[PDB]
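Looking at a structure with retapamulin today.
Note on naming: letters A, B, ... go to the chains in the order of the sequence lines (proteins, then strands), and numbering restarts at 1 for each one. Note: hydrogens, waters and symmetry copies are ignored here, and every other heavy atom, side chains too, is used. Remember, it's 1-based here, ligands and their atoms both numbered in the order they're listed. The structure shown is a partial extract from the entry, and contact counts are restricted to the extract.
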Amino acid sequence: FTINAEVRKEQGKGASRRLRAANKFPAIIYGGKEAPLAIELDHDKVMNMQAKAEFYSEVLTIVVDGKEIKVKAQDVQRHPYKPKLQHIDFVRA
Amino acid sequence: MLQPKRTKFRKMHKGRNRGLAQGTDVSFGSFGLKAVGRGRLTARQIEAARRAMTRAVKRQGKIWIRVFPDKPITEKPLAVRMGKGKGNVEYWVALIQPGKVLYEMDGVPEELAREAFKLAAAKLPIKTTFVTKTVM
Amino acid sequence: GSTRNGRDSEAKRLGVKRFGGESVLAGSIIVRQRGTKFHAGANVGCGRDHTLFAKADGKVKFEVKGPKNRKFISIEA
RNA sequence: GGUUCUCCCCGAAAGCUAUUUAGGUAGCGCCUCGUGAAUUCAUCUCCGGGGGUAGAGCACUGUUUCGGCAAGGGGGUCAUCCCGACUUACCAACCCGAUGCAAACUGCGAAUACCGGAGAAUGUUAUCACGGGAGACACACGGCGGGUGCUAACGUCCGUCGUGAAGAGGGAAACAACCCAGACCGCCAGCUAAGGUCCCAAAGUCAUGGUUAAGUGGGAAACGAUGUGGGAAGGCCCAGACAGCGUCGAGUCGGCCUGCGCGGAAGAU
RNA sequence: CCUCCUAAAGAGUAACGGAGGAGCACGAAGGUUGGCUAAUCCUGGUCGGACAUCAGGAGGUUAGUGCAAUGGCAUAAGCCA
RNA sequence: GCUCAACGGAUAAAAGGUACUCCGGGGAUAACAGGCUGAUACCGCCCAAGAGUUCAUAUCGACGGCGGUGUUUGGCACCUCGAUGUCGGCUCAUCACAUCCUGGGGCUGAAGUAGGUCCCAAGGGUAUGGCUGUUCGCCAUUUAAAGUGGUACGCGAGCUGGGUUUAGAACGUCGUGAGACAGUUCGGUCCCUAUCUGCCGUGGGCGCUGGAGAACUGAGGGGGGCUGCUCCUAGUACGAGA
RNA sequence: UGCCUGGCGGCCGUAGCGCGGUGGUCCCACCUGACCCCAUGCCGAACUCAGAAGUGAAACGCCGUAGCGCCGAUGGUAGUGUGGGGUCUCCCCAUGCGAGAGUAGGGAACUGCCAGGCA
Ligand SMILES: C=C[C@]1(C)C[C@@H](OC(=O)CS[C@H]2C[C@H]3CC[C@@H](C2)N3C)[C@]2(C)[C@H](C)CC[C@]3(CCC(=O)[C@H]32)[C@@H](C)[C@@H]1O
Ligand SMILES: [K+]
Ligand SMILES: [K+]
Ligand SMILES: [K+]
Ligand SMILES: [K+]
Ligand SMILES: [K+]
Ligand SMILES: [K+]
Ligand SMILES: [K+]
Ligand SMILES: [K+]
Ligand SMILES: [K+]
Ligand SMILES: [K+]
Ligand SMILES: [K+]
Ligand SMILES: [K+]
Ligand SMILES: [K+]
Ligand SMILES: [K+]
Ligand SMILES: [K+]
Ligand SMILES: [K+]
Ligand SMILES: [K+]
Ligand SMILES: [K+]
Ligand SMILES: [K+]
Ligand SMILES: [K+]
Ligand SMILES: [Mg+2]
Ligand SMILES: [Mg+2]
Ligand SMILES: [Mg+2]
Ligand SMILES: [Mg+2]
Ligand SMILES: [Mg+2]
Ligand SMILES: [Mg+2]
Ligand SMILES: [Mg+2]
Ligand SMILES: [Mg+2]
Ligand SMILES: [Mg+2]
Ligand SMILES: [Mg+2]
Ligand SMILES: [Mg+2]
Ligand SMILES: [Mg+2]
Ligand SMILES: [Mg+2]
Ligand SMILES: [Mg+2]
Ligand SMILES: [Mg+2]
Ligand SMILES: [Mg+2]
Ligand SMILES: [Mg+2]
Ligand SMILES: [Mg+2]
Ligand SMILES: [Mg+2]
Ligand SMILES: [Mg+2]
Ligand SMILES: [Mg+2]
Ligand SMILES: [Mg+2]
Ligand SMILES: [Mg+2]
Ligand SMILES: [Mg+2]
Ligand SMILES: [Mg+2]
Ligand SMILES: [Mg+2]
Ligand SMILES: [Mg+2]
Ligand SMILES: [Mg+2]
Ligand SMILES: [Mg+2]
Ligand SMILES: [Mg+2]
Ligand SMILES: [Mg+2]
Ligand SMILES: [Mg+2]
Ligand SMILES: [Mg+2]
Ligand SMILES: [Mg+2]
Ligand SMILES: [Mg+2]
Ligand SMILES: [Mg+2]
Ligand SMILES: [Mg+2]
Ligand SMILES: [Mg+2]
Ligand SMILES: [Mg+2]
Ligand SMILES: [Mg+2]
Ligand SMILES: [Mg+2]
Ligand SMILES: [Mg+2]
Ligand SMILES: [Mg+2]
Ligand SMILES: [Mg+2]
Ligand SMILES: [Mg+2]
Ligand SMILES: [Mg+2]
Ligand SMILES: [Mg+2]
Ligand SMILES: [Mg+2]
């Protein structure tokens, strides 16, 4: 799986709700000894691929800033009732 | 129908029912019936819905009830005035928030789970949705 | 008809009277409490009803201290 | 119940406490007048504080479901002097792992608020004390947090803010309490607020892009439905799909999310 | 009159709101000095059993507090002299 | 030295009745009606366990769910206590439609006849008596049918006054008693000459463009709109017959 | 100046448990006896005293080791002050504040004074 992503400019509740009100959602890449990277993801693209059970098991590549970050899906915050993703934690493999 | 075997106190403040649910994942079975709406589920409603889905599966698979009606609801008798103390406990409710998985089911096909939960949902005062166990 | 409740005691006006950094005269009550929610530190006495009071003129200082992480009140004189 | 001329300045309360008190009254709170005194007070920023609410959580107090483990305990043969041994539609504590719930749960814990300190700016001293004079102690609605009630009431009882009360003007058809806004007087000047700009009726029959066909707009839910718009993704398809009768030559199928509509929808001049 | 909750994390805060208590006790159950540490369960043990006392261990206040509840309490405010 | 416990403690020292009543007040506060509300009530609807030989959905609808009405029982105490006359009847109504009859129609577990159920429909129509103050109800006998509600539970400045609710009296019952009972019993004053609105009738004035006498047109308004039975069609269709 | 031990503090779990080592010269511990001082609601167990043959067994200290306890970001979520809005039992928007839980990860404390042993 290859996910395209942008570095989030703005963080916090207001920024994050604005992302999701435009069919994106925040995510975080952390782990290793590099600083956490806060990213924004296209919602429908990721929701489609996380339907597959392979998404959560296999290593994924986040193309953020044109750079390939290999990651595993660590945690997902789902929307309480709707079939949507609020947030994903990625750990640098 | 479900009711606490004991409680510390007989009567409970009305309270409010704000927020989203805890227990939003199918944690036990394969399939779940999730609350989309907010409200009260009475013990009678929980039972009615349980009997519906149970009869649909023809006593096959396994059913979990994730919600428990632990909130006593009082009522005043007819033709009594206001005040003179809090009314008597008449029934028990579970407070439901959006996202609350109400029932779960395992050991049936999805098709039959969807039908069983559709029959159960018609007994409930809250809008529900079918959900499946997620890998994460 | 009737109810068996309808009783309550007078509110006791407990709690902190002088907060951190407040300048007090000796004798000033810092906290009224039931038991030692706060403990007497330096230049603070503990009365018979667990009232903490200043034994010196100075500034109230709250501190967490010791192996149980208990709250002490002191006066920095 | 009624209380008679005029103008100017300020301007409440409908609370607490007590009361043979509850529509009365007293002290205090709030008003006024006077006198006197500190950057005295307020806002903001920064600093020092305590907190156990919201939220959360489940170690505790309780409650709760599932699974595992199983001390024991019923239900019953074979045995039966004393015993034992298999055995359960079985009912099962503790402990372990999962899941929730709590005003009177808390191994967590905000925002705010409050207390104190410091510093500017600003404010008719806005502060405190003392003294002369009161009035008031039926509140109402609205917002927010709650108890009660049916998260019924233009209900009731608290907290807190706003307005009415004691406040005109503009808006909400009309409409104390909502929205805008605080009327010293005069003007046949101008700009705006809320709210509006087709006619009644002041101002766009304004511009651009969409949606709706229900007069929806301009009352009503579960639920029902090839209404219609948008988005993402599939199944099958010129190795001929889908429908109709191998033929037939182009798409077809029904879930998902979403916008706006439709039915559901019966009342008395 | 007391305690808790309602009570909106300072104080205070209503209802014929939700729950309980008081109208005492004690010359020690007060003072001080010195000392001490609980429940509960497991294993073993005359009578003795589910539970008496004894011994060891687990446990760590889940006890205790003259009497409600809350807050306290090991330096104990608990227990003994 | 105080259960002065009604606990800021009127006195050292204190219970009741009033329908024989009275005054000052209050819509600050109840009874009626209105209002707000809609728990309850009534009426719809959703799901479909099941009943219905078989068959959920002809008919019915368990467990539960969602509404509508304002419509019962209530809640509240907003209007009225310097008075908003009350149950029932009589007289006269008027509207709604959730339709009782008559009209139209779908489904039927509708052969016919006759039903059941649902939809449309408010034009008109929609009992008399016995008992009881009754409304209601039961009963008798009609009817095509004897609708359900709203209208201050329509209507006392229209009538009645049997009921409720003054003063008299008695019974049962309670009370030592005065007296009392949403127990019973017998008796027991119902005022108003209509100003305004409204309504039914009926004139006067002026207008309508010179005046006058007639006949009209018809904007618009009102009235009316019910229905039985018999016979024929035909003992036909239908039916094993009945 | 290093290493070890004792005492007294700071600090109050990143510091506590468990589990595997390990130390006796000194120190510490157990230890050895008790007419004594003092002691046991009985008991030299403890407390106390007189001691130094023995052992680090226990304890204690030290070291190692994540199976726990503990600590713990980032991001998101919840809540919320102010202003505004909706379909107003509940939410949403702007702005400010922003948890709890969980995740990555951290983690087998660190440190002052004095005394003694050893090097
Ligand atoms: C006197 C008042 C009356 C005529 C009657 C009254 O009824 C009552 O008050 C019942 S008590 C009864 C009334 C009269 C006077 C004394 C005696 C007791 N009885 C003969 C009655 C039915 C209501 C209950 C209260 C309101 C009333 C207005 C409308 C109504 O229905 C009336 C009052 C305002 C009316 O004036
Ligand atoms: K003080
Ligand atoms: K006063
Ligand atoms: K004054
Ligand atoms: K308020
Ligand atoms: K004002
Ligand atoms: K319209
Ligand atoms: K003593
Ligand atoms: K009194
Ligand atoms: K008297
Ligand atoms: K309906
Ligand atoms: K059938
Ligand atoms: K009256
Ligand atoms: K009528
Ligand atoms: K029919
Ligand atoms: K009709
Ligand atoms: K009336
Ligand atoms: K009458
Ligand atoms: K009249
Ligand atoms: K008359
Ligand atoms: K008039
Ligand atoms: Mg925000
Ligand atoms: Mg209290
Ligand atoms: Mg401490
Ligand atoms: Mg003024
Ligand atoms: Mg008195
Ligand atoms: Mg909470
Ligand atoms: Mg008063
Ligand atoms: Mg008052
Ligand atoms: Mg008030
Ligand atoms: Mg409120
Ligand atoms: Mg009110
Ligand atoms: Mg209200
Ligand atoms: Mg007034
Ligand atoms: Mg005004
Ligand atoms: Mg106005
Ligand atoms: Mg106007
Ligand atoms: Mg202008
Ligand atoms: Mg105009
Ligand atoms: Mg135009
Ligand atoms: Mg409309
Ligand atoms: Mg609709
Ligand atoms: Mg408080
Ligand atoms: Mg507060
Ligand atoms: Mg107050
Ligand atoms: Mg003592
Ligand atoms: Mg008193
Ligand atoms: Mg009078
Ligand atoms: Mg009133
Ligand atoms: Mg009334
Ligand atoms: Mg009523
Ligand atoms: Mg009131
Ligand atoms: Mg009225
Ligand atoms: Mg009058
Ligand atoms: Mg109709
Ligand atoms: Mg008509
Ligand atoms: Mg006609
Ligand atoms: Mg009759
Ligand atoms: Mg009437
Ligand atoms: Mg009528
Ligand atoms: Mg008359
Ligand atoms: Mg009349
Ligand atoms: Mg009479
Ligand atoms: Mg008499
Ligand atoms: Mg007519
Ligand atoms: Mg010894
Ligand atoms: Mg050893
Ligand atoms: Mg955190
Ligand atoms: Mg260790």
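Counting all copies, retapamulin can be found at ligand 1. By contact count, the main macromolecule holding retapamulin here is known in the PDB entry as 23S rRNA. Other chains with a heavy atom closer than 4.0 Å to retapamulin: F. Site of retapamulin with heavy atoms closer than 4.0 Å: F/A31, F/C32, F/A83, F/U84, F/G85, F/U86, F/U165.
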